[PDB]
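Transthyretin, liganded with diflunisal.
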Amino acid sequence: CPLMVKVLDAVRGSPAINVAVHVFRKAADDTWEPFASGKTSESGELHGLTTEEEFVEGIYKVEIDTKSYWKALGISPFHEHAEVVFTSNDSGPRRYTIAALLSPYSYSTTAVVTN
Amino acid sequence: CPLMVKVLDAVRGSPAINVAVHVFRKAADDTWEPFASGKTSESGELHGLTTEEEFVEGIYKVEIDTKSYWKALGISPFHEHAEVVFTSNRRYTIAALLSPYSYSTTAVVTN
Amino acid sequence: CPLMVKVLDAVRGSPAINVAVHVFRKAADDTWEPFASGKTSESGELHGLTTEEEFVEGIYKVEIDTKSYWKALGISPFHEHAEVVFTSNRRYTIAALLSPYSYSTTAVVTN
Amino acid sequence: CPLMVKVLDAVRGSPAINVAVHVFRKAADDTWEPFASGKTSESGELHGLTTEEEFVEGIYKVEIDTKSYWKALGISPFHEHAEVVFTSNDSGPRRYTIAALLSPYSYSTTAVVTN
Ligand SMILES: O=C(O)c1cc(-c2ccc(F)cc2F)ccc1O
Ligand SMILES: O=C(O)c1cc(-c2ccc(F)cc2F)ccc1O
Ligand SMILES: O=C(O)c1cc(-c2ccc(F)cc2F)ccc1O
């Protein structure tokens, strides 16, 4: 699988468990087409979103539902969600890990792109 | 004004200068309507995006055009942009820290 | 002055207020000699740590007392402090963003 | 092993490979005693630093040699290194992952403490 998503919690120092993640791909008319979704495991990781076959070059949006994560913990968050938007490229390395570190009023996201 | 945007370059340790920023507000038909736009100054700050009268309650999206920033500096980054989405109901400062394959964003909300 | 320290609270989305900061400078016998100290104001800023005359070349350590900050707010954090170590040879702004189990730190260096 | 260290590179979007990591523990006289060391693998991770037997409660410093990492890539860095200082606690969870995301003038560090 060429796309993995991992989410961590900076308040409790733990994986962010059961976080909904929605992936979209930009359609030719510039709207966002649903592409894949899931929820992070107990390790904070979401595997198996897609296959090499279906992960063609294009612009993708990964939406991490941070607001519902914080509310389910009883914590008031700022953002509606975390959005990661990128163009995949076949010339570059094969595997994309999208990682997000969450705080209630802040988040960081990084791409680890490897083979 | 009630909404300010600050952008820093983590590779250079400098303000991110000339960064375009587009603000959208979700419309009654839940599409993104253009709201305001501008670009950061030499301090990395974007002031005067809006007014207290116009910054009404709603769901806002601050799009920071990071890809155009890095490309103007001769670099091919990972992200298309950095999108900060929040509901407003007060001064908001939206801060972002940029690296070619990473960004961090924080909200500082005061009165 | 040539050295300023800014601290933000990522849980609250606010300046980190009353944060103690101790600056050290490596001595000729490579131990850490105390250099200056202070604490952040209501803006989360610490101005006036030193002067251009006293901020000579050297290896500096800015210790931000994050543990005491979180504990004063009733919270048990992970880190003892946040230590920023750098060589100087110009205004340095040392910025830190704090969560109970995480911190980020950036250097903004200008003239 | 109760202590793992992982390092990522935010400029290239990759693991930070071959980064020297030194761990110290505070001695009774308040000096830092060498405790363990290694270099990150090709996955950016450093396993096997210590055992449960030797990782007693105490104050530990993890020093990540970021400056040598950036210089070996030909990139001018700001910090001498990244320091993570914490008190381990036996009552809390069993495993400590110390993770650091590196940029030349910035770094982030987080603790993932699990079982
Ligand atoms: O920007 C981010 O998402 C980020 C991520 C990490 C991180 C990455 C991978 C991992 F297994 C653990 C981490 F803490 C550490 C710091 C950080 O800022
Ligand atoms: O999330 C962010 O936007 C962020 C911002 C800063 C930062 C903000 C303002 C400033 F003058 C200097 C900084 F390093 C530092 C770290 C960081 O993560
Ligand atoms: O590394 C940091 O210290 C850092 C700092 C900021 C930040 C700095 C200054 C400010 F006025 C607001 C901020 F969110 C935002 C993100 C960040 O990582």
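Naming convention: chains lettered A, B, ... in sequence-line order (proteins, then strands); numbering from 1 in each chain. In listed order, ligands and their atoms are each counted from 1. Just the heavy atoms: all of them, side chains too, but no hydrogens, waters or symmetry mates, feed the values below.
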Which other chains show a non-hydrogen atom at a distance under 4.0 Å from diflunisal (ligand 3)?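 By heavy atoms, the other chains are B, C.
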Chain C organism per PDB: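 Per the PDB, the source organism is Homo sapiens.
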Evaluate C:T106 for polar contact with diflunisal (ligand 3), using N/O atom pairs at a separation under 3.5 Å.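 For diflunisal (ligand 3), there is an N or O atom that lies under 3.5 Å from one belonging to C:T106.
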Using a strict 4.0 Å cut-off to heavy atoms of B:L97, name the atoms of diflunisal (ligand 3) that fall inside it.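 Once the distances to B:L97 are compared, the set is 18 (O).
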Using a plain distance cutoff, I'd like to know if B:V108 has any nitrogen or oxygen under 3.5 Å from a nitrogen or oxygen of diflunisal (ligand 3).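 It does not: no N or O of B:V108 is found under 3.5 Å from an N or O of diflunisal (ligand 3).
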Using heavy atoms and a threshold below 4.0 Å, how should the contact between B:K6 and diflunisal (ligand 3) be classified: side chain, backbone, both, or neither?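 The answer is neither; B:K6 stays 4.0 Å or more away.
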Among protein heavy atoms, which sits nearest to atom 18 (O) of diflunisal (ligand 3), and what does the distance come to when rounded to 0.1 Å?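 Sorting protein heavy atoms by distance from atom 18 (O) of diflunisal (ligand 3) puts C:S104 CB, 3.3 Å first.
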Give me the residue, atom name and distance of the protein heavy atom closest to atom 9 (C) of diflunisal (ligand 3).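 Here the nearest protein heavy atom works out to C:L8 CD2, 3.5 Å.
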